[PDB]
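Looking at a structure with imatinib today.
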2 protein chains.
Amino acid sequence: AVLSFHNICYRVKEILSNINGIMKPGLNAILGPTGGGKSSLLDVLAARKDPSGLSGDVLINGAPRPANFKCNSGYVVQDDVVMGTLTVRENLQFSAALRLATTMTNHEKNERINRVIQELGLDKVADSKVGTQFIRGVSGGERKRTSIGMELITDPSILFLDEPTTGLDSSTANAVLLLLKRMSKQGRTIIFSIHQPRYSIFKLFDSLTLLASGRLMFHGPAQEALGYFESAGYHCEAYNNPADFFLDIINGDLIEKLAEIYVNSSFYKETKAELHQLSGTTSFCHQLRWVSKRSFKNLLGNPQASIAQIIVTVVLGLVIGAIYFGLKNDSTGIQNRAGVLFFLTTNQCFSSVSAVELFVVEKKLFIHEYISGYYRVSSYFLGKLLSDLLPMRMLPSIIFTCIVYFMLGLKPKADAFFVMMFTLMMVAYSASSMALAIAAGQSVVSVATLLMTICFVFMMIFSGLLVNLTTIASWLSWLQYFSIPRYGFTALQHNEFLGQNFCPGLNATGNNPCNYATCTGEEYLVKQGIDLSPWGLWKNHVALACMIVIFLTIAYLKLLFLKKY
Amino acid sequence: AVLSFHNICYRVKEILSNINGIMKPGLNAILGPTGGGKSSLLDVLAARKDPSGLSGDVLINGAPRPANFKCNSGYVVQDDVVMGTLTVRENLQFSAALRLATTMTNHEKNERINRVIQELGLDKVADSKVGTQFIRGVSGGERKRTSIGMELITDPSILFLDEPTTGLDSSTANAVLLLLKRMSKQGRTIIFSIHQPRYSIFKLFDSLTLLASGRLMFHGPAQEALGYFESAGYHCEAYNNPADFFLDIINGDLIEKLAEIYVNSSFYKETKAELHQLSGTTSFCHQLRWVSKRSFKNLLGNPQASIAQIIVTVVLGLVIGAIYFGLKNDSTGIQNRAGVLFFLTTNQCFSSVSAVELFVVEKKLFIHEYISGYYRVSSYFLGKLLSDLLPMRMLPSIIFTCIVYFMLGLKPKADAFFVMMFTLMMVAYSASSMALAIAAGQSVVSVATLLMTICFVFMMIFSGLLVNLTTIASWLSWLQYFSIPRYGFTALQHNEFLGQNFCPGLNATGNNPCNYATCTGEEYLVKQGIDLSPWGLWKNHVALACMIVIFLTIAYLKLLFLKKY
Ligand SMILES: Cc1ccc(NC(=O)c2ccc(CN3CCN(C)CC3)cc2)cc1Nc1nccc(-c2cccnc2)n1
Ligand SMILES: CC(C)CCC[C@@H](C)[C@H]1CC[C@H]2[C@@H]3CC=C4C[C@@H](O)CC[C@]4(C)[C@H]3CC[C@]12C
Ligand SMILES: CC(C)CCC[C@@H](C)[C@H]1CC[C@H]2[C@@H]3CC=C4C[C@@H](O)CC[C@]4(C)[C@H]3CC[C@]12C
């Protein structure tokens, strides 16, 4: 194929202006400083910029662009979207399992990818972890071509690369481009935007589209690539870089002085002729099965934050298991259970600040994938929390009630012990479902951690311990239902002080003199304003279920309405 | 003033090796890549590297370095050390007020610095805020020139500049380079290390000392600056950068091939001739008066970290003031009073995370000023907390207990109001001192926060409310004394349960049947196990003062034993 664009303009102040470059198959390039449009019109061609400010017409061999054009062409980006704790043969496995595996069977995807790993120089390191900045692995010179093949699995026709060789250890930074030379001969239109090449590839190109000050510059066809500026007064000369002086008139030795050449130039007079010549979603249930495989294999591969909520949980169980040990039934038994039941509820809230890193640590990965048509939004959101949020906020609840229960000496039944295990694994979801809502769809975390714990302290006040709720008169008992650690703390106190006594040496079973005593259980709950009825126990657990579905929806309601551009 | 160094070696693996350069008065330079040794030998000549790993010698006009060599030579650095929210005239005033003017009075410093601001291009914007990243102001081309004049006040001999043009908006990047030429004509030996110049001032220098791979490289003299590489095979050619092709040898068109030409070059053999020829704390009381004037001015002009700790104090005072309001003396008066006293002492303890930014955010400021001999460490530390710690930890305490005391209805005495205002501003310093102890002398905040709020939860348990302390049996009750909000909570509970009744309609002054009642005040305190005597109240305050003196001391001790190099 062949790309072209005529009379392109754009606004957010008008950013770009009328440019009319052509783009033949081969190996193109975009040049210029960072302030110009070296990173702008790449997002115009690949349907990445917003179609509001776009005015001109961009063509693909005379025909206009299809309605599915962005999901057939690669967009290898600068910041690497390859997953860290994953195998390379597993990483290309994930790309092949979504874009093209609708009809071909499971021994047809593995022969197409072996055609790719036999390219790229990859068969030596084909079964290693790619490594992160935190864990050593495959070096940075070999991960950029690893991300190239992830969008080469489907058969493309344009590879919109996005400045590969920046911060890429220049001794082997050419190894990406000499690789790009040999793959360009098969009929691929490599269109990218390199960042400050010195001299070496200035002959090893096919067509430049240098831009400066975000306005306009040609030199579309370029193998001579320098002859346009040696007749304009401002000459690049002996002992001068050719690729740096061209934009040095804004660097201080006007750009309008070299802009005005193109009314009477040597390349504009032929390109307007051709540009005026030609002027006239699959298998939903397969998705969240395979999306579930990455986030689970990511957790096993990185055992530094996974065990970090297991050790600090079972250590904290033993400290509460050692401070409290054999709590008695004396006069200091009401206060001794009011604390240890308050600590288990509040720790299940405040240790759920670490769910902000479930969506915001890889927000750059998500927007690139959904715009490339891998999976639907609801398949990501129903699959992500089903794989990481559930089995990391459930097992650190049942270990944290199995250790503590037979060390304190609570009510030693069988059904009343499976409720305390149930309420902690329900309040920890309804605490984490709050953190998922005010985080998803952002870029930083230091405005969604100072905001969340400043709202988790206003929930800690109305909790039936520091207030004694049935004393605020009218206009501040309607904030009482908005606090998550209430409903866990009430249901934990309901099955705890039923049928117990705290006045040993006397008896008040049915003969109760001497008021202002609080020595039996069932009068203590009356004073704290909670119902003495078996419906009143399960009233909280149907409230947290409605607190989860409300909060989890407005996460998924805001993952749809985000700027996917 | 003339520098000379012969056969320098340096080990942390030896990074550096034998270098043989001579530095003439004029305007020198240091070139090369960032991974090499351009940023390494600047800290060797300017006495910033430690003299341990150094084996070679440096000479100032044949004499070695005196014991006071770093206290006459400025070290203008690449990241700015100018105070952001301060005016330029007072900023250069502070630089003059410490180094030289102990004998002259206050009408000689402005006589010298008016000559300085008449240079430098300062006479337009001499009286504004210089600004920072977060708050705007004077542009970057004027902020870097302010640091130059800041260490130009005392009459120097060498200005060891430290890569000025890093990220410095190239159209006026030559302006500071043009400014350095004119001041150098009067006996200023400028030694700096530029970062990738294009072509222009490469000829407008006096003596390069280009280096690469941290090993060695020559061209000491520089007036032709290119005549060496046209005789070495790897010739810099027409239409090629001369500034890069000298160091493009690290990219591979071998660096060591050029080093073998250095045993037979035209500059190795005559430089060894001369180097083998020539080889054969003031007014301490005045200091902390003036140091406190800066940081107090840094609170006035920056109303984003000062009034932010007043609004969240007074919007919290009403929320506490409205939840509890007119607390009674009936049977739910104990729990309703122990809550709000627990929430006041812990809120002063978790409001200590906002004081670890008091030393950490300006460590790069403190290291540069102490090695240049501005002030002693005991003047900086004792001058810091007098200005930024005292009037910002006390004023959000007495506004927090005045607005709530009559709002709740506590004991309406006169002296019992001056204990609650006193104890909260006594627990606040001891809380802020502990956050000063495990932060002072570090680089990142996110280690001294997840280590400190993991310790201020081990103090929130042993706090007289969630434990009922006389049940921890033997071997964890020795951990009872290591917790800061215990001492603030007991002394607040001591003067608030003394002399009241929580048993309306009955009376237990000397007639108390019906045990487990807690109808009087003094039965509640003995049930918690605190001393019911005027010694036990003031026992906590003398314990808190011993906590302050211990923690403030190790803040001062770990400031001394720091790697100031
Ligand atoms: C078990 C508990 C009970 C109460 C509290 N918090 C408070 O008692 C409290 C009091 C006042 C404020 C208000 N603060 C005022 C100033 N502004 C700026 C911020 C909020 C906040 C919290 C924390 C905890 N525990 C807790 N909190 C956070 C984290 C952890 C934790 C535990 C284990 C592993 N990792 C983290 N544990
Ligand atoms: C703004 C959003 C996030 C918070 C929504 C709070 C609401 C939805 C929560 C707080 C209190 C909860 C209610 C408390 C009482 C009951 C019991 C029963 O009669 C129906 C459910 C119902 C009515 C709960 C439904 C969910 C509930 C109404
Ligand atoms: C490193 C620090 C925090 C712990 C060291 C202990 C210091 C800080 C604290 C902990 C317990 C405190 C002691 C507890 C008991 C008393 C009461 C009286 O007899 C004199 C003060 C004295 C003796 C306190 C002095 C300060 C003290 C010793």
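Chain lettering follows the listing: the opening sequence line is A, and each later line takes the next letter. Here the PDB entry sets the residue numbers for chain A, with the shown residues being 35-46, 61-301, 328-354, 370-654 in order. For chain B, we keep the numbers from the PDB entry: what you see runs 35-46, 61-301, 328-354, 370-654, in order. Remember, it's 1-based here, ligands and their atoms both numbered in the order they're listed.
- All instances of imatinib are found at ligand 1.
- In this complex, the main macromolecule engaging imatinib, as named in the PDB entry, is Broad substrate specificity ATP-binding cassette transporter ABCG2.
- Other chains reaching under 4.0 Å from imatinib with at least one heavy atom: A, B.
- With heavy atoms counted under 4.0 Å from imatinib, the transmembrane segments of chain A in UniProt's N-terminal numbering that qualify are 2, 5.
- Residue counts put most contacts of chain A with imatinib in the UniProt domain ABC transmembrane type-2.
- Under the PDB entry, the species noted for chain A is Homo sapiens.
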